[PDB]
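PF-06873600 complexed to Cyclin-dependent kinase 2, as determined in this entry.
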Amino acid sequence: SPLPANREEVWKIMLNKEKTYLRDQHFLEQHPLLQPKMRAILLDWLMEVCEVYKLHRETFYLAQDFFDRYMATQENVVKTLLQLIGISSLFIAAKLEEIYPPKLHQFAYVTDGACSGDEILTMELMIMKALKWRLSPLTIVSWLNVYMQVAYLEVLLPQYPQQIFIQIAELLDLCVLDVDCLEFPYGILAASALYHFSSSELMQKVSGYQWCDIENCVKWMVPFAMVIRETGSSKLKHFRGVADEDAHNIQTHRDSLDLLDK
Amino acid sequence: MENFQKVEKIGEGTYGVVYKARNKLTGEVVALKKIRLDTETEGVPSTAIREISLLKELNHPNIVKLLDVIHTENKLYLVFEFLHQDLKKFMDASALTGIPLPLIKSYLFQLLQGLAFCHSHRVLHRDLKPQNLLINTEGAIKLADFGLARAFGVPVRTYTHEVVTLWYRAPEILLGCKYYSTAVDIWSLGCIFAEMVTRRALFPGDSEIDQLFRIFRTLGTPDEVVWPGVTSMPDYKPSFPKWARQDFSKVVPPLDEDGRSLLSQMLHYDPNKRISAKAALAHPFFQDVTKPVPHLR
Ligand SMILES: C[C@@]1(O)CCC[C@H]1n1c(=O)c(C(F)F)cc2cnc(NC3CCN(S(C)(=O)=O)CC3)nc21
C-alpha cells in the first residue's frame, strides 16, 4: 500500500475490486458485426455529451465500464444498437454519481431522436440485470484521484494541482478509446499514465506498484503518450456553476479520434 | 412474488413501501421493499441503484442482507433479511426500565464493526438514526436502509449537503463545510450511544440553528483551538452565544469513565480528530468484549 481505517485493509479491498469486476479486451469478438473503432467513436461521443452537461469524469468512466462489461454478456450487437447501449450506460452512471443529474428527456434529446426515453428505460434495466447490479467499480479516473493525493502529502481532503490532473486524465482518455486497455487492470493503467508524466519513483510512492508490474502497460501506452506530447497538453477549463476547486473533475472532450489513428 | 405472501406493511418512503413477507413452503420471513417503476419519470431511482450495488458488495453480520432483486412487470422488489424490531422501538419500550450497560456496550460494539466494515469499503451510510438500526432476539444489531448511502473517493469530493436526519447531523454539515466523509457517521453513532444511555435524544433540534445551539450548549461553543477553521466556515456566525462545555457526568450520568471518554471522542468537533470506527473498537470501554490482535511490523 502506498497510503500513509487500516492502510493495508482499505488498499487491499480496492485491489480486490478489480479482481471481482472482470473485463475482457477482445469482447468485440462475440459481436462479429462490430469493429474496435465503433467502440472508440461511441466512447468519444459519450465524453462530448459529458462535457456538454458538465458531468464528472467519474460518470464517464462508470459509463465506459458499464458498456465494456455489458458487451461481454451480450452477442451479435449491431452498429445501430450502440447509441442506446451507451446513452443508457451514461444514464445509470449520472444517476449514481451526480447530485443533480440531467433528466431522462435531456438524455433522449442528446441522441437527436435515435433513442426515446422509454428505450433508455428498457435498456438501463437490461444493462443492470446483465451486470447483476454490480455497478460500483473502481474506475480508471478514480485511481488517478488516489495517486494525485498521495503525490501531494490527510488523504481524504483534496490537496493537489488541478492542471497536472487534467494532463494525465487527457492521456487516459486516449487509451480508454482502444480496447486493448482492458488487458491491464484499471489501477495499472492509471499508474502507467502517471508514470509518463513523472517517474517510477513517484509512481511507486503514490501507487505501490513496482516497475515490473507496470512495465508491460507502459510500453503499450508509449504511442498514446507521444501523440499528446507532440501536440502539447491542455489547460484547466472554467465551467459556469461549477466551483473552482471542482473544475478538474469535469469531463472534457477534444480531437482524440485523430490522435488515436497514430 | 409467486411464493412470498405479504403479511404486513412495515414501512413507507418516497420510493415505495416495505412489507413483512412469509415464504409459503419454507416459512422464511423476509422484508420486501417494493419500488413502482411506472410512477417514476427517471426510471429506477438513483437511491435504489446505489442501495442495490453498494449492498451487493457489503456482506457482514452487522449489515442487513439484501437477499435478492426482482424485476416484475412495472415493479422492482428488493428482498432483505427480516429483523423483528428497530432500536427506536426498543429504546422507547425500555425508557422507564433502562437498557442494561452490557447490552448498550454490545450493541455499540456491533454497530461500530458494521460501520468500520462500511468505511474500510469506502461506503458512507449517511442516515444513521435509531429506526435504521435493526435488532433481533439473539442479541444482534445491524445497519439497515442504505438508500442515502454513498461510495466515497480517497480524496473525497464535494458531496450532497442535505444528508443526515437533523438530530443526528454532524456540526461540520450544519456549518456548511465543503467536504465531509466517515466522521459524519461516527457523530450519528455518538448521538445514539448517549441516547441508549439516557433514553432521550441527545440533541433534539427543531431547526438547523436550534440543532447547532443544542450542540453548543452541551459541548461548548467551538473555537479555532478545538476546531481549526470553524470561524472561516460558511454558516459560522461571530454572534453565536458562548456556552461552556458541560461535564459528561451530567450529560450521561449512568456512564462510566471509559464510556464518557469514548463518547467525547465520537462527538469531537473537528472531523479530522473525531475517532474512527476502527479506533473506537480498540477503546478500553470494549476491553471486556474484545481482545487485541498481534500487530505485524
Ligand atoms: C429500516 C426500516 O426500519 C425502515 C422502515 C422499514 C424498515 N426496513 C427496511 O427498510 C429494510 C430495507 F428495505 F432497508 C429492511 C427491513 C428488515 N426488517 C425490518 N423489520 C422491521 C423493523 C422495524 N419494526 S418495529 C416498528 O420496530 O416493530 C417492524 C419490523 N424492517 C426493515
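A, B, C, ... go to the sequence lines in the order they are written. Numbers in chain A come straight from the PDB entry, and the residues shown are 88-91, 96-244, 249-357, in order. Chain B residue numbers are taken from the PDB entry; in order, the displayed residues are 1-297. What's counted below: heavy atoms across the whole structure, side chains too, no hydrogens, waters or symmetry copies. Read the numbers this way: they start at 1 and go in the same order the structure lists the ligands and their atoms.
- Lab note - other chains with heavy atoms under 4.0 Å from PF-06873600 (ligand 1): B.
- Counting only non-hydrogen atoms, the residues of chain B annotated by UniProt as Mg(2+)-binding that lie closer than 4.0 Å to PF-06873600 (ligand 1) amount to B:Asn132, B:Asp145.
- Of the residues of chain B touching PF-06873600 (ligand 1), most belong to the UniProt domain Protein kinase.
- Residue B:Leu78 does not touch PF-06873600 (ligand 1), judged by heavy-atom distances below 4.0 Å.
- Checked by distance only, PF-06873600 (ligand 1) and B:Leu83 come closer than 3.5 Å through their nitrogen or oxygen atoms.
- The distance criterion of under 3.5 Å between nitrogen or oxygen atoms is not met by B:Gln85 with respect to PF-06873600 (ligand 1).
- In summary, the atoms of PF-06873600 (ligand 1) found under 4.0 Å from a heavy atom of B:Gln131, numbered by their order in the structure, are 1 (C), 2 (C), 3 (O).
- Protein non-hydrogen atoms do not reach within 4.0 Å of atom 7 (C) of PF-06873600 (ligand 1).
- Among B:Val17, B:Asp145, B:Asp86, the residue whose heavy atom lies nearest to atom 27 (O) of PF-06873600 (ligand 1) is B:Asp86.
- At least one heavy atom of B:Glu51 sits closer than 4.0 Å to an atom of PF-06873600 (ligand 1).
- At a heavy-atom cutoff of 4.0 Å, PF-06873600 (ligand 1) is contacted by the side chain of B:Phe80 but not by its backbone.
- Heavy-atom distances between B:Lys88 and PF-06873600 (ligand 1) stay at or above 4.0 Å for every pair.
- PF-06873600 (ligand 1) places these atoms under 4.0 Å from at least one heavy atom of B:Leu134: 3 (O), 16 (C), 17 (C), 18 (N), 19 (C), 22 (C), 31 (N), 32 (C).
- When B:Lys65, B:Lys33, B:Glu81, B:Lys20 are ranked by how near their heavy atoms come to atom 17 (C) of PF-06873600 (ligand 1), first place goes to B:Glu81.
- Those atoms of PF-06873600 (ligand 1) that come under 4.0 Å of a heavy atom in B:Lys89, given as number and element, are 25 (S), 27 (O), 28 (O).
- The protein heavy atom nearest to atom 9 (C) of PF-06873600 (ligand 1) is B:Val18 CG1, 4.2 Å.
- From the protein, the heavy atom lying nearest to atom 29 (C) of PF-06873600 (ligand 1) is B:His84 O, 3.9 Å.
- Closest to atom 15 (C) of PF-06873600 (ligand 1), if we only count protein heavy atoms, is B:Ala31 CB, 3.8 Å.
- Among the ATP-binding residues UniProt records for chain B, the set within 4.0 Å of PF-06873600 (ligand 1) by heavy-atom distance is B:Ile10, B:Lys33, B:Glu81, B:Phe82, B:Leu83, B:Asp86, B:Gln131, B:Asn132, B:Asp145.
- On a heavy-atom basis, rounded to 1 Å, the UniProt active-site residue of chain B that sits closest to PF-06873600 (ligand 1) is B:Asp127, 8 Å.
- By chain and number, the binding site of PF-06873600 (ligand 1) (heavy atoms under 4.0 Å) reads B:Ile10, B:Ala31, B:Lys33, B:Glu51, B:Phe80, B:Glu81, B:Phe82, B:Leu83, B:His84, B:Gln85, B:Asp86, B:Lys89, B:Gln131, B:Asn132, B:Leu134, B:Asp145.
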In a simple table, one pair per line, please give the protein and PF-06873600 (ligand 1) atom names for every N or O pair closer than 3.5 Å, along with the distance.
residue                : atom   : partner  : partner atom : Å
PF-06873600 (ligand 1) : 3 (O)  : B:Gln131 : O            : 3.0
PF-06873600 (ligand 1) : 18 (N) : B:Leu83  : N            : 3.3
PF-06873600 (ligand 1) : 20 (N) : B:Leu83  : O            : 2.4
PF-06873600 (ligand 1) : 27 (O) : B:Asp86  : N            : 2.9
PF-06873600 (ligand 1) : 28 (O) : B:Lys89  : NZ           : 3.1

